[PDB]
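Report on the structure given below.
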Amino acid sequence: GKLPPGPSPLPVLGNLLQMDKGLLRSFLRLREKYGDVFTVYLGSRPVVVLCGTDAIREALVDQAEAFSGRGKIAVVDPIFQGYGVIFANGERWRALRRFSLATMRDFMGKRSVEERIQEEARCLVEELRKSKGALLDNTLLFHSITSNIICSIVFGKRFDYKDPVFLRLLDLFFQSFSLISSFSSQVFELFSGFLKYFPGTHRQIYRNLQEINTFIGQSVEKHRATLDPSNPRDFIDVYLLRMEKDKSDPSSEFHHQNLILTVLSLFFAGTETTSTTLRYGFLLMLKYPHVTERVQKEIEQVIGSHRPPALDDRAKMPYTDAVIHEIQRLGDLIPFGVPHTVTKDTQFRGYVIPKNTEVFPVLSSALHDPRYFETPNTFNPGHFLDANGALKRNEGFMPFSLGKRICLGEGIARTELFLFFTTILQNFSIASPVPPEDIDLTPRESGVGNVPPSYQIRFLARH
Ligand code: HEM
Ligand SMILES: OC[C@H]1O[C@H](O[C@H]2[C@H](O)[C@@H](O)[C@H](OCCCCCC3CCCCC3)O[C@@H]2CO)[C@H](O)[C@@H](O)[C@@H]1O
Ligand SMILES: CCOC(=O)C1=C(COCCN)NC(C)=C(C(=O)OC)[C@H]1c1ccccc1Cl
Ligand SMILES: CCOC(=O)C1=C(COCCN)NC(C)=C(C(=O)OC)[C@H]1c1ccccc1Cl
């Protein structure tokens, strides 16, 4: 009728009995029948699925405001309750977002995000030197360094990598991601009005997250008791000042609740995905030693062996830059996008999408678009190099998404990827027990997060 066309749904279950192995391949078969915009019933509610670069741009870019709503994730909603950037809607979201930009684009205290990442990179190198070339799983370290960048921005400090209190909270935090992406939580996302009365992963997510909130909560009180309003140290200080100022407005959103959850929001948006992109990139660098060998020769040409890599070096390193883009593209770590909603009844391609309908923008269908990518299932830095060896970007490259919800941390993310990759490869070459030809790139869990398989790697200190 009005909604976009899609397969006919059963009553309670919607189109689930007809869905899968992987949702991505179902969406992909459904696109083959119904085209680039279609309706699927994942449970009783309808979801509009945007496939292809085009549909996604028309929605999120041309009718941006309409498509700037955030879809609820019920597994973590009883913790978040729509606080924090990545979870907020309407005026709360606008204000939280403008404030974060007005804030994190101002690094109150004196040291920049870039300098902090360079410092984390130095600490990483020294720590990896201690391994002496022994086989390791880099999961823990890569979680630790990206957490550390958020800790630095929000709490004004980093943690040592063997800090066992930090590691205990870190284990809890990232276990909450393994759990949110489990079947038991998928089923929960569909039947939460019922299963919330039973035992399950949701009770474990809740407890793990509330335990982290407790420590965030204690850090806020410590910041307040130690505050110098003339020299804010970090995000929390700046936010505490803004609470006072707006103290006389009860339409103001700048309260204690919003602060704990926004902080936990930033860890949640800012760590796992970046960490996993790093872990994926090093899997590709083992798989293709010639690429890693060329990135090293670019590092030596432009940077040298001595001084630390800096962000201005990127513009002079189009090859390494193209390798990073291509790790993000092939890596495809958020394949279905993060769910949106429409904020009003919305006309779109002759269809009507009623307010608050959920919408999935399937970024994967853009990252693999054969219009923009000659060989989409194969690792190829060439995708982002022109005939003169300079970097090119095209409209298929939308790993951070688009429009009003575009990744708030994009520039930080790319700085992390750039400085972590080059400062590591400047100092270490790499070797694994599995030869390149036997290395498998196929995601071990292809859900909302597309996880690379576990592997072991050596970091061999250079010259
Ligand atoms: C490789 C790393 C990252 C990738 C690929 C990534 C990608 C994304 C994507 C796809 C979204 C969804 C946008 C949408 O709703 O359409 C997102 C949202 C977001 N990202 Fe990132 N992100 C990354 C790292 C970060 C970092 C380092 C931060 C900084 C803390 C960050 C902060 C956020 C925030 C706050 C949102 C929610 C924005 C909103 O709803 O307004 N992300 N990110
Ligand atoms: O007696 C004082 C104790 O406190 C010290 O450190 C604090 C630090 O000062 C304090 O900054 C820290 O709080 C961190 C709170 C939030 C943790 C956030 C994230 C960490 C990892 C990824 C997501 C969660 O917790 C530690 C303990 O609560 C140390 O933890 C202990 O060595 C010591 O015993
Ligand atoms: C078969 C289940 O897929 C869904 O319908 C989802 C949905 C379904 O909710 C539909 C709400 N109208 N929501 C979420 C949150 C998803 C997710 O795993 O985040 C935890 C996705 C999702 C869940 C499991 C596996 C893949 C995806 Cl994309
Ligand atoms: C909507 C809040 O969820 C997030 O913020 C998440 C994010 C937020 O950070 C993403 C990058 N900005 N990252 C990851 C990894 C998620 C995940 O489930 O991994 C298991 C997701 C997530 C991504 C897509 C769909 C559902 C979820 Cl729970």
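Using the numbering of the PDB entry, the residues shown for chain A are 28-47, 49-135, 137-492, in order. Scope of the values below: all heavy atoms of this structure, side chains included, with no hydrogens, waters or symmetry mates. Just so you know, ligand 1 is whichever comes first in the structure, and atom 1 is the first atom listed for that ligand.
The name recorded for the drug at ligand 3 is amlodipine. In this PDB structure, UniProt names the chief binding partner of amlodipine (ligand 3) as Cytochrome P450 2B4.
Measured on heavy atoms with a 4.0 Å cut-off, the binding site of amlodipine (ligand 3) is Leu51, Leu70, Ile101, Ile209, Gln215, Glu218, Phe365, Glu387, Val477. For amlodipine (ligand 3), the atoms sitting less than 4.0 Å from at least one non-hydrogen atom of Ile209 are 20 (C), numbered in the order shown with element in parentheses. Numbered from 1 in the order shown, with element, the atoms of amlodipine (ligand 3) that lie under 4.0 Å from a heavy atom of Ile101 read 15 (C). Within amlodipine (ligand 3), counting atoms from 1 as listed, the ones closer than 4.0 Å to a heavy atom of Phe365 are 28 (Cl). Below 4.0 Å from amlodipine (ligand 3) sit the other ligands and ions ligand 4 (amlodipine). Backbone and side-chain nitrogen or oxygen atoms of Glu387 are examined, and one is located within less than 3.5 angstrom of a nitrogen or oxygen of amlodipine (ligand 3).
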